[PDB]
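Scroll down for the structure; my scribbles are underneath it.
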Amino acid sequence: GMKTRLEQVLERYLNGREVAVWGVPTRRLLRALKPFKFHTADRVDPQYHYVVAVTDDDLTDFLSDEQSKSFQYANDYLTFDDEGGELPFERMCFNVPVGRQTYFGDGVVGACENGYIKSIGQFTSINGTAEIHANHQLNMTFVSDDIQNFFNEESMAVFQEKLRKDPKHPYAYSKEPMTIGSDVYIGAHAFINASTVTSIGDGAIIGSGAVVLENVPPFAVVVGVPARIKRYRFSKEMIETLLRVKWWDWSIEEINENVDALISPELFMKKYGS
Amino acid sequence: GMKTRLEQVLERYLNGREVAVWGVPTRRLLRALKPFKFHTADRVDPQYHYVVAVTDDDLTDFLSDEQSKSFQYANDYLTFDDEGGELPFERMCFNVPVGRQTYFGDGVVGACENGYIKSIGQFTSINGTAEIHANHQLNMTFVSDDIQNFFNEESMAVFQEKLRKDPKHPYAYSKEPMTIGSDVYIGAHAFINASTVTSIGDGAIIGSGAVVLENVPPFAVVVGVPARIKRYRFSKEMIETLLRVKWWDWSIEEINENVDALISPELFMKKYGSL
Amino acid sequence: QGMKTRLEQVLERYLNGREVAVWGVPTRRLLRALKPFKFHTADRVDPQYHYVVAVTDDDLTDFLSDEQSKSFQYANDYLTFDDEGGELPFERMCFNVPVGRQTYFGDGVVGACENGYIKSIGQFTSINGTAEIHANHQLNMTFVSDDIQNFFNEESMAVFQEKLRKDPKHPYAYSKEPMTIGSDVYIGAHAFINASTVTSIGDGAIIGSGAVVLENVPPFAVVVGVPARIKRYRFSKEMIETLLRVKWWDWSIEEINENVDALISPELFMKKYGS
Ligand SMILES: CC(C)(COP(=O)(O)OP(=O)(O)OC[C@H]1O[C@@H](n2cnc3c(N)ncnc32)[C@H](O)[C@@H]1OP(=O)(O)O)[C@@H](O)C(=O)NCCC(=O)NCCS
Ligand SMILES: CC(C)(COP(=O)(O)OP(=O)(O)OC[C@H]1O[C@@H](n2cnc3c(N)ncnc32)[C@H](O)[C@@H]1OP(=O)(O)O)[C@@H](O)C(=O)NCCC(=O)NCCS
Ligand SMILES: CC(C)(COP(=O)(O)OP(=O)(O)OC[C@H]1O[C@@H](n2cnc3c(N)ncnc32)[C@H](O)[C@@H]1OP(=O)(O)O)[C@@H](O)C(=O)NCCC(=O)NCCS
Ligand SMILES: NC[C@H]1O[C@H](O[C@H]2[C@H](O)[C@@H](O[C@H]3O[C@H](CO)[C@@H](O)[C@H](N)[C@H]3O)[C@H](N)C[C@@H]2N)[C@H](N)[C@@H](O)[C@@H]1O
Ligand SMILES: NC[C@H]1O[C@H](O[C@H]2[C@H](O)[C@@H](O[C@H]3O[C@H](CO)[C@@H](O)[C@H](N)[C@H]3O)[C@H](N)C[C@@H]2N)[C@H](N)[C@@H](O)[C@@H]1O
Ligand SMILES: NC[C@H]1O[C@H](O[C@H]2[C@H](O)[C@@H](O[C@H]3O[C@H](CO)[C@@H](O)[C@H](N)[C@H]3O)[C@H](N)C[C@@H]2N)[C@H](N)[C@@H](O)[C@@H]1O
Ligand SMILES: [Cl-]
């Protein structure tokens with residue numbers, strides 16, 4: 001129903017080639033490949049073939065073969081098992097928009113599937129171990145969720161009605177899915193609570209181990225259990241300039257023309273601050 | 001003979017059907033499928049077939065397939081590679097009893113296999129990243145465990161004898177394996193120390209990131225590194241009542257008959273006000 | 001790669017001209033490692049003629065529960081293909097990284113060896129599989145992303161690398177030594193060590209579960225917390241000094257067994273080696 005990462009890349013780049021499967025195929029992979037022509041990879045030529053590596057180990061083996069030298073990433077090959085891997089173009093993850101050059105792990109892929117995330121910006125870097133989950137209801141006698149597997153139609157109706165009016169947003173009910181900005185960095189073993197967080201601002205840094213229970217302002221650096229603001233990456237004038245310029249939506253050419261201002265915040269302020 | 005999750009479900013529900021394997025069969029699967037007829041899934045019909053998706057992606061595929069619309073969870077299908085998934089009936093994980101509708105990840109599966117856990121309650125929800133490990137010996141010149149691979153039988157015997165006497169339970173020696181109660185909730189990146197914890201009480205909530213180094217009282221809410229008690233979910237009076245009522249052992253029929261009391265603590269204390 | 005996997009180094013050392021019997025579903029990567037050898041799908045296996053390679057841990061568990069495994073000895077006659085961080089009875093390489101005997105860690109630390117963040121990991125060291133070791137990205141530019149560099153032309157890349165190599169805060173662990181992780185070190189679950197700011201986890205160090213380690217851990221220090229702080233040292237300053245000279249973790253196997261009384265009892269260790 002919803003285009004996988006691989007499905008989006010093939011639409012964009014397969015360009016009528018056949019798919020050369022590198023590695024042991026899976027049922028999920030074969031279903032995704034039914035509309036196209038595909039075969040077990042043997043001799044591969046990027047004029048004729050698109051290489052799908054099934055697992056990361058498959059990709060590792062393929063990138064080690066001399067036959068891969070003529071294949072360029074995403075344009076001519078991809079890994080099937082890496083829904084959170086970044087791409088050179090804006091993509092969808094389970095109906096969540098994800099910007100260019102943004103990566104995350106299966107925890108966040110799940111959070112996208114669970115409806116917890118509104119979007120993830122560009123050039124955002126999320127450690128694979130990050131976790132994003134909602135709270136369960138905290139205003140009933142039980143805290144379990146799978147208890148509802150035992151609920152009949154009537155029990156489940158009252159259960160849902162009280163979830164729906166709970167202002168603490170159990171299961172992120174009746175709140176906005178959170179936006180994760182562009183140029184965000186999230187370190188290892190971090191948690192973001194989907195019941196109380198709607199906003200991880202542009203440029204925000206979430207340090208390793210941080211348990212993030214409330215919104216992170218743009219370009220704030222938060223650490224600790226629970227996450228506290230340690231510092232801001234830039235002055236407020238530089239932050240508001242960054243929020244107006246939005247360099248993370250710049251074209252590739254634009255990124256290179258102004259590389260100097262991207263590596264020097266001082267020149268960035270100088271060029272764009274007024 | 002320690003039975004997988006899948007074997008326990010097949011024993012209960014297969015009901016003379018044939019197993020239809022949805023996905024690539026692994027050796028762990030074929031060892032588990034030994035007492036049953038099975039084939040590679042092609043056309044399936046829950047009248048003659050119980051479908052075993054091997055991986056999570058296999059189940060995703062199967063459930064995306066139109067042949068699945070007639071298959072009920074656990075009754076007619078299961079994922080083999082999810083030893084921690086919840087079930088509608090009480091089960092074993094490495095001979096550790098697990099209540100109904102309780103789920104957890106591979107780390108807690110590993111804890112069951114390592115012998116760290118006596119039992120896990122009903123309607124308990126444990127994030128898949130939770131870790132439960134014991135301490136190594138802390139009173140020896142060395143802290144390694146795998147050094148013992150180099151011990152000969154006599155060396156190993158003195159090593160084991162000191163371990164068995166250690167009051168601080170390295171490798172959880174000489175202590176009770178821990179209980180995890182019912183209606184327990186454990187967040188992401190949590191840790192429970194198997195050497196120093198014997199019980200996660202009924203109804204406890206363990207916050208994300210919490211490092212749990214001592215017993216968590218029933219219905220306590222613990223957070224932090226290390227975990228400390230921020231509050232209890234219910235009054236002192238309600239906790240005693242809950243511990244007597246034990247709704248988590250109720251029948252499905254009782255859960256629906258008394259759902260009003262499950263949904264409102266206020267009503268629960270009226271209904272069970274005089275025990 | 002140019003570089004030998006753990007399995008490649010084990011076969012080189014012990015295969016001894018035998019055929020490889022594959023226990024489990026082979027992978028394309030495994031089949032490439034096995035290419036120069038005669039190999040086959042494990043049916044009946046005999047350690048005189050076969051070396052068993054289990055593909056996954058699940059396969060290893062299966063093999064070791066099969067009666068056919070009784071004759072096979074760890075590493076000498078069988079290994080797991082996909083356990084690059086597992087322990088070995090001899091010192092080995094993980095990518096460019098020396099790793100001592102009976103030392104294990106998980107894929108996070110494997111990745112850290114591949115990234116260039118680790119100089120060496122000592123002997124008899126135990127690292128929980130969830131441990132993470134990563135560096136900081138640049139903190140003195142307009143952006144913090146790394147994959148933005150996938151868009152850099154050659155000129156853009158050059159000014160980017162130029163500034164990075166001048167940064168005294170070591171983004172991507174630039175301009176610093178890769179960290180050494182000592183011998184007889186213990187690292188608990190959900191621990192993090194910052195490769196930008198740490199160059200040394202001393203011998204004997206204990207890093208507790210949940211710790212965020214932002215600076216060097218002295219030898220035999222016990223550190224906990226976010227950020228990690230020293231709770232105690234395992235031994236007195238004089239025994240630490242004695243341990244760092246004796247380096248029992250470099251001892252041979254017979255030495256370990258002859259001196260097991262000193263390894264078990266720090267007090268006897270001291271009377272013997274402390275001068
Ligand atoms: C936040 C981060 C990116 C860099 O911030 P920084 O500028 O280096 O911060 P500093 O080193 O100046 O630290 C300043 C203060 O913040 C604290 N601090 C910084 N990072 C912290 C963290 N992750 N946890 C707890 N405290 C932290 C320091 O203890 C110090 O405290 P003090 O000021 O009270 O003495 C880094 O610490 C981090 O977490 N990077 C993650 C790397 C990683 O996880 N690897 C891969 C994941 S993708
Ligand atoms: C603990 C939890 C259940 C909610 O409890 P709560 O009482 O609503 O928490 P509140 O934020 O309202 O306030 C509780 C107090 O403890 C703190 N706190 C709450 N949760 C915390 C956590 N996980 N870690 C650290 N501190 C926490 C709050 O900051 C506040 O502290 P204060 O007294 O010093 O101001 C929830 O925050 C949580 O941790 N859920 C984890 C979600 C998850 O990981 N899911 C996976 C499982 S499948
Ligand atoms: C660090 C550790 C080894 C125990 O050390 P210890 O010498 O027993 O220290 P204790 O727990 O008795 O107490 C030391 C103090 O530090 C605190 N502390 C100890 N370990 C801590 C941890 N991991 N996190 C936070 N705080 C901790 C204690 O609360 C205690 O209180 P105090 O400072 O107020 O006195 C242990 O706690 C640990 O982390 N084990 C690892 C389990 C694991 O994850 N295993 C899998 C790996 S393969
Ligand atoms: N190699 C060194 C670099 O590694 C990390 O960044 C990497 C990610 O690791 C990688 O992600 C992949 O691996 C993750 C971890 O397993 C998975 O979650 C994810 N789905 C998967 O695509 C992205 N593709 C590319 C990105 N630059 C660090 N942040 C970075 O500082 C470090 O320099
Ligand atoms: N989907 C949305 C729900 O997700 C989580 O609950 C889920 C579990 O995640 C899932 O678990 C599975 O996935 C885990 C994560 O990989 C594995 O560890 C585990 N072994 C595996 O069975 C259980 N089967 C069903 C349970 N209700 C949240 N707690 C809940 O708030 C949220 O509403
Ligand atoms: N079984 C119980 C023992 O378990 C852990 O020690 C084990 C490691 O778990 C294991 O590691 C393996 O599993 C890890 C977890 O997935 C992977 O990261 C790793 N790559 C993989 O080789 C090593 N081989 C052996 C070591 N003794 C505890 N530390 C120890 O106190 C406990 O007694
Ligand atoms: Cl039952």
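Just so it is clear: chains get the letters A, B, ... in the order the sequence lines come, proteins before strands, and each one is counted from 1. We read in the header that X-ray crystallography, 2.3 Å was used to get this structure. Note that ligands are numbered from 1 as they come in the structure, with each ligand's atoms numbered from 1 the same way. Only this structure's heavy atoms are used, side chains among them; waters, hydrogens and symmetry mates stay out.
- PDB records give the name of the drug at ligand 5 as bekanamycin.
- The chain forming the most contacts with bekanamycin (ligand 5) in this entry appears in the PDB entry as Aminocyclitol acetyltransferase ApmA.
- Other chains having non-hydrogen atoms less than 4.0 Å from bekanamycin (ligand 5): A, B.
- Heavy-atom contacts of bekanamycin (ligand 5) within 4.0 Å involve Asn114(A), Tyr116(A), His133(A), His136(A), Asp145(A), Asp146(A), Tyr171(A), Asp82(B), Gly85(B), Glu86(B), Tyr103(B), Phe104(B), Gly105(B), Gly128(B).
- Close contacts between bekanamycin (ligand 5) and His133(A) involve ligand atoms 4 (O), 5 (C), 28 (C) [criterion: under 4.0 Å to a heavy atom].
- Atom 9 (O) of bekanamycin (ligand 5) lies below 4.0 Å from none of the non-hydrogen atoms of the protein.
- Every atom of bekanamycin (ligand 5) is numbered from 1 in the order shown, and the set under 4.0 Å from a heavy atom of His136(A) is 29 (N), 30 (C), 31 (O).
- Of the protein's non-hydrogen atoms, the one nearest atom 1 (N) of bekanamycin (ligand 5) is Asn114(A) OD1, 3.3 Å.
- Less than 4.0 angstrom separates atom 16 (O) of bekanamycin (ligand 5) from none of the non-hydrogen atoms of the protein.
- Close approach to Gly85(B) involves these atoms of bekanamycin (ligand 5), each under 4.0 Å from a residue heavy atom: 22 (O).
- Remark: bekanamycin (ligand 5) atoms within the under-4.0 Å shell around heavy atoms of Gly128(B) are 18 (O).
- Residue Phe104(B) has at least one N or O atom closer than 3.5 Å to an N or O atom of bekanamycin (ligand 5).
- For a threshold of 3.5 Å applied to N or O pairs, the pair formed by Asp145(A) and bekanamycin (ligand 5) contains at least one separation below that value.
- Counting only heavy atoms, the protein never gets under 4.0 Å from atom 12 (C) of bekanamycin (ligand 5).
- For bekanamycin (ligand 5), the polar-atom distance check finds an N/O of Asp146(A) within less than 3.5 Å of one of the ligand's N/O atoms.
- At distances under 4.0 Å from bekanamycin (ligand 5), the other ligands and ions found are ligand 2 (coenzyme A).
- Remark: bekanamycin (ligand 5) atoms within the under-4.0 Å shell around heavy atoms of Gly105(B) are 18 (O).
- Of all atoms in bekanamycin (ligand 5), listed by their number and element, those nearer than 4.0 Å to a heavy atom of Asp82(B) are 19 (C), 20 (N), 21 (C), 22 (O).
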Enumerate the pairs of nitrogen or oxygen atoms, one from bekanamycin (ligand 5) and one from the protein, separated by less than 3.5 angstrom; state names and distance to 0.1 Å.
unit_1: bekanamycin (ligand 5); atom_1: 1 (N); unit_2: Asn114(A); atom_2: OD1; d: 3.3
unit_1: bekanamycin (ligand 5); atom_1: 6 (O); unit_2: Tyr103(B); atom_2: OH; d: 3.4
unit_1: bekanamycin (ligand 5); atom_1: 20 (N); unit_2: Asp82(B); atom_2: OD1; d: 2.9
unit_1: bekanamycin (ligand 5); atom_1: 20 (N); unit_2: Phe104(B); atom_2: O; d: 2.8
unit_1: bekanamycin (ligand 5); atom_1: 22 (O); unit_2: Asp82(B); atom_2: OD1; d: 3.4
unit_1: bekanamycin (ligand 5); atom_1: 22 (O); unit_2: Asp82(B); atom_2: OD2; d: 2.7
unit_1: bekanamycin (ligand 5); atom_1: 24 (N); unit_2: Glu86(B); atom_2: OE1; d: 2.7
unit_1: bekanamycin (ligand 5); atom_1: 27 (N); unit_2: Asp145(A); atom_2: OD2; d: 2.9
unit_1: bekanamycin (ligand 5); atom_1: 27 (N); unit_2: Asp146(A); atom_2: OD1; d: 2.9
unit_1: bekanamycin (ligand 5); atom_1: 27 (N); unit_2: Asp146(A); atom_2: OD2; d: 3.4
unit_1: bekanamycin (ligand 5); atom_1: 29 (N); unit_2: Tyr103(B); atom_2: OH; d: 3.0
unit_1: bekanamycin (ligand 5); atom_1: 31 (O); unit_2: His136(A); atom_2: NE2; d: 2.9

